[PDB]
Structures are given as C-alpha cells and as structure tokens.
Amino acid sequence: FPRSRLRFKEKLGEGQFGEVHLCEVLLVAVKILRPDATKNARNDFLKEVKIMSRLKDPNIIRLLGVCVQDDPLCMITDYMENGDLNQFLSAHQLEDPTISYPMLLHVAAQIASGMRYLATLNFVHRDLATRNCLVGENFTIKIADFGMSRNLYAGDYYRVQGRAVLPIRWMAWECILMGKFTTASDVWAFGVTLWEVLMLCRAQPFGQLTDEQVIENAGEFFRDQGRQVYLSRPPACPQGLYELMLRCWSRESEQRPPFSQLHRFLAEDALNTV
Ligand SMILES: Cc1cc(Nc2cc(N3CCN(C)CC3)nc(Sc3ccc(NC(=O)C4CC4)cc3)n2)[nH]n1
C-alpha cells in the first residue's frame, strides 16, 4: 500500500515500540513503529504482519494492507470506533450509557466465535482479554491478533527480569507452572475474559491478590487438595452462566469446553436466560 495515500489524523495509542494512529484514505487504523525502534522490534513487526495475513474472520481484526518498503513499517487494520473492549465496558453500566445483559452475552458470543475460528487453525492466541478486543459500530467485537505494550495495562502483566512478560491472571494453572500454552489454555483465558465482560471490566481478576499469590494459587490447582480459589460470580451473572465459567477453569485441560460449545451456549442456549 502507498504510504502517501494515508492521511494521519490522530494518535490513538502507543506501546514501547509501536504507535497506533487513526488515518484517512474511509477511516483505517494504522500501527507504525517508533523512530527509535530497534531492529529487533522491526523483525517482530514483520513476523506480526505475516501472522495477521493468515487470520481472516468476522470476529478477528483484519489486515487491510501493509507499508513495509520503508522505515517506519506500517500495518493497516480496521478502525474500530469504540476502541478497546475494556475501556468500552468501563464506560457503561448494567441496565436497570447502559448495556443490557443480553448484549453482554452477544459480546461474549462474538469473542467465542473468533476463538472458534482460531481453534480450527490450531492457532493459540496466548493473550486473550478484554483489553485485546476491539469494539466497532453496532456492538461489533473483533479480537486483536497483534500486540502493543500499552502502559494502561502494565498491571495486567507479571514482570521478572530476564523472563517473559506474562498475563498471569488470565493464564491457566499449567501455563503459570510450565509455560504450556494451548487451545485449552485459551479456553481458560476465555473464562476470565467472560468474567470481565460480566463484571463490565470494573475489576481486575483476583484484584485483591498479589501476583505471587496468584502464582501460588496455580500451585493449589496442581496440588488439587481443594485449596485453590476461583473468580467469584459477577453480580450481573446468573448461576448457569457462571457454571460455564467454571468449566473453563477445570483442572484437566480435556474437561474444558471447546469454543464450539462455548459459542453455542452464549449465542443460543442462554437466550432463554434473559
Ligand atoms: C487498533 C485499533 C484501534 C482502534 N480504535 C480506537 C479508537 C479509539 N478512540 C475511539 C474514539 N474515541 C473518541 C476515543 C478513542 N481509541 C483507540 S485507543 C486504542 C489503541 C490501540 C488498541 N489496541 C491495541 O493496541 C491492540 C493491542 C490490542 C486499542 C485501543 N482505538 N481501532 N483499531
């Protein structure tokens, strides 16, 4: 894509190495690298682009075009009017800017549908959360399949020097203990994400616990002596939906529901629960 065809209007967001801008060509979102981006970051950007080229789904952000011929590299994606899912839900209250319970189901169902698509490709997202989802017009939800280290969500990641930055509060117990990331662990993360949506993003998962306590909690899952703790049922969440969350947090990976079952529950079975 010709970079000259792009007209920059606003800077939406930024990370350690990248910046997202609103651009006119028709609005698109454009991720560009910082002027002080390392060649390491450039290489990561290229890899990121190659991954995105594969993922084509109504509920996955799409790669509309690239500008990699010159520095800094550009990635062009859907512009989503309402920004990220976390910030969107935080600005809303449950219906007595309001959002209804049926809509929350619809939002989660779209996420589930996006993850269902990724599952058929055996693609593991590894960082599913409301902060990595986007909201367009008509409550359209798309999962972001690229990353950016925004300072706003620094507290959502566990940092140790020389280690990978890990979203431990969204990670399955076998993830925390082994670094074992699979589709089954994506399901666990979906459960936490579903919890966020029903909480309307009013609280961080295990928010009153420290990182080390969350890590220790994963050890209690492994041990299985009935001392592990779960995220509590959100006020807006009915028991039946919550039991679904719990199945996502089963100790055994094979006991966690596939995204096909999760989507069916949220899009169909729960329609009678309103
Ligand atoms: C990438 C993308 C971003 C967007 N849309 C938007 C839109 C937006 N604005 C919407 C309009 N109001 C007035 C202000 C906020 N603010 C952000 S702020 C922002 C910046 C980046 C991300 N997402 C990411 O960085 C990827 C890592 C998850 C989310 C929101 N992103 N559409 N497509």
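Just so you know, residue 1 is the first one in the sequence shown, and it goes up from there. Whatever order the structure lists them in is the order used to number ligands and atoms, beginning at 1. The analysis underlying the following values was restricted to heavy atoms, covering all of them including side chains, and did not include hydrogens, waters or symmetry mates.
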Drug choice at ligand 1 - lexibulin, epothilone D, tozasertib: tozasertib
Name in the PDB entry of chain in most contact with tozasertib: Epithelial discoidin domain-containing receptor 1
Sub-4.0 Å atoms of tozasertib with respect to non-hydrogen atoms of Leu134: 1 (C), 2 (C), 29 (C), 33 (N)
ATP-binding residues (UniProt) in chain A with heavy atoms under 4.0 Å from tozasertib: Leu12, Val20
Polar proximity tozasertib side, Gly147 side, N/O cut 3.5 Å exclusive: no
For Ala29, atoms of tozasertib separated by under 4.0 Å from a heavy atom: 2 (C), 33 (N)
Distance filter under 4.0 Å to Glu81 heavy atoms, resulting tozasertib atoms: 10 (C), 11 (C)
Closest UniProt-annotated active-site residue of chain A relative to tozasertib, heavy atoms to 1 Å: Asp127, 7 Å
Residue portion contacting tozasertib (non-hydrogen atoms closer than 4.0 Å) for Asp78: backbone
UniProt domain of chain A with most contacts to tozasertib: Protein kinase
Option set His21, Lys142, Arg150, criterion heavy-atom distance to atom 20 (C) of tozasertib, minimum: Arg150
Tozasertib binding site (4.0 Å, heavy atoms): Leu12, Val20, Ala29, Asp78, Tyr79, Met80, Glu81, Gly83, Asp84, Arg131, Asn132, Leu134, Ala144, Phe146, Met148, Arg150
